[PDB]
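Position 1 is the first residue of the sequence; numbering continues from there. When a ligand or atom number is given, it counts from 1 through the structure's own listing order. These values consider heavy atoms only, across backbone and side chains, with no hydrogens, waters or symmetry-generated copies. If you check the header, you will see the structure was determined by X-ray crystallography, 2.4 Å.
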Amino acid sequence: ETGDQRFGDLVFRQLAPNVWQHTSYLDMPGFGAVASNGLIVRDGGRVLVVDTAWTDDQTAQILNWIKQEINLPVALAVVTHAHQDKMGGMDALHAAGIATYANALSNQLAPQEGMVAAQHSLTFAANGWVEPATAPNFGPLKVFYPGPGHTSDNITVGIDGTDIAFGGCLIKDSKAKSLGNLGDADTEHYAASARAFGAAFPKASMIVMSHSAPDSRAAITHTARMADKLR
Ligand SMILES: CC1=C(S[C@@H]2CN[C@H](C(=O)N(C)C)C2)C(C(=O)O)=N[C@H]1[C@H](C(=O)O)[C@@H](C)O
Ligand SMILES: [Zn+2]
Ligand SMILES: [Zn+2]
C-alpha cells in the first residue's frame with residue numbers, strides 16, 4: 001500500500017523495474033467494490049498494456065497516468081478474455097488510437113458479452129503458444145492460450161526478463177475458497193488449463209491475477225485442485 005500510487009479512481013503498483021499492476025474498482029450491488037487487476041509494461045521507448053479497466057473512463061485514467069508517470073506512448077494493448085473487467089474499456093483505447101489485440105474467439109464473443117471487439121485477432125497453435133504472425137512486435141509479452149477454463153477464450157501472458165506471469169481470471173489466489181464466476185466456465189478442462197499455464201511459464205515465481213494481489217506458484221496449484229473437484 002505504501003509503494004502504491006494513486007491516479008483518480010485507480011491504483012498503481014510497481015512489481016518490477018518495467019512492470020506495473022493497475023487496479024480498478026466497480027460497484028456491484030450485493031458485493032460492493034470489486035477489484036480488477038491488469039498490467040502495464042515498459043518495453044524500450046513504448047508501453048504495452050494488458051487488460052483494460054472496468055470502464056472507458058477508468059481506462060482513460062490509466063492512459064493519463066502512463067503519460068504522466070512513464071511519459072512513453074502506448075504501442076498496443078492485449079485483453080485476456082471477453083468479460084467486462086478485462087475488456088470494459090476498449091472504446092477508450094481505440095479513441096486514443098491504440099492497437100488492440102485479443103483471442104479471435106474473444107473478438108467473436110465480444111458482441112454477445114456486450115463488449116467492443118479488439119482490432120486484431122490472436123490465433124494459437126495446438127500447444128497453446130500464440131502464432132507469431134498474429135502478434136507482431138509484442139516485445140517481452142509471451143502470450144499463451146492454456147485452454148478453456150474460466151472461459152473458453154481466456155489467455156495468459158508472461159513477461160520475459162521477469163519472474164512475472166499473468167493468469168487473468170483463470171488463476172485464483174492460494175487462499176481462495178472459490179473459483180468465482182463459473183457461468184461461462186469449462187468445468188471438465190479447467191484443471192488441465194490451469195496446470196498448462198503453470199507448465200508454460202515454469203520459471204515464473206510471481207503470479208499476477210485479476211482479483212488478488214500477486215501470489216506464488218501455490219495459486220496455480222490451489223486453483224487446479226479446486227478445479228479437480230469440478231469433474
Ligand atoms: C465478477 C468478477 C469475478 S468474481 C471475483 C473472484 N474473486 C473476487 C471475490 O469474490 N473474492 C474472493 C473476494 C471477485 C470474476 C472471476 O472470478 O473471474 N471475474 C469477474 C466477472 C467475470 O469475469 O466472470 C466479470 C464482471 O468480468
Ligand atoms: Zn471473466
Ligand atoms: Zn475476473
(message) Mind telling me the name of the drug at ligand 1?
(response) meropenem (hydroxylated form)
(message) Help me with this one: what macromolecule has the most contacts with meropenem (hydroxylated form), named as in UniProt?
(response) Metallo-beta-lactamase type 2
(message) I'd love to know which of the UniProt Zn(2+)-binding residues in chain A sit under 4.0 Å from meropenem (hydroxylated form), measured heavy atom to heavy atom.
(response) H81, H83, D85, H150, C169, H211
(request) List the closest protein heavy-atom neighbour of atom 22 (C) of meropenem (hydroxylated form): residue, atom name, distance to the nearest 0.1 Å. (result) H83 ND1, 3.2 Å
(request) Considering heavy atoms of the protein only, find what lies nearest to atom 27 (O) of meropenem (hydroxylated form) and give residue, atom and distance to 0.1 Å. (result) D85 OD1, 2.8 Å
(request) Looking only at protein heavy atoms, identify the closest one to atom 7 (N) of meropenem (hydroxylated form) and say how far it is in Å. (result) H211 CB, 3.6 Å
(message) Yes or no, since that's all I need: does a protein heavy atom fall within a distance strictly under 4.0 Å of atom 24 (O) of meropenem (hydroxylated form)?
(response) yes
(request) Using a heavy-atom cut-off of 4.0 Å, name the UniProt substrate-binding residues of chain A that are that close to meropenem (hydroxylated form). (result) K172, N181
(request) Give a yes/no verdict on whether any heavy atom in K172 is under 4.0 Å from an atom of meropenem (hydroxylated form). (result) yes
(request) Could you establish whether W54 and meropenem (hydroxylated form) come within less than 4.0 Å of each other, counting only heavy atoms on the residue side? (result) yes
(request) Identify the organism from which chain A comes, per the entry. (result) Klebsiella pneumoniae
(message) I need the residues around meropenem (hydroxylated form) for my notes - heavy atoms within 4.0 Å, please.
(response) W54, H81, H83, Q84, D85, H150, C169, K172, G180, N181, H211
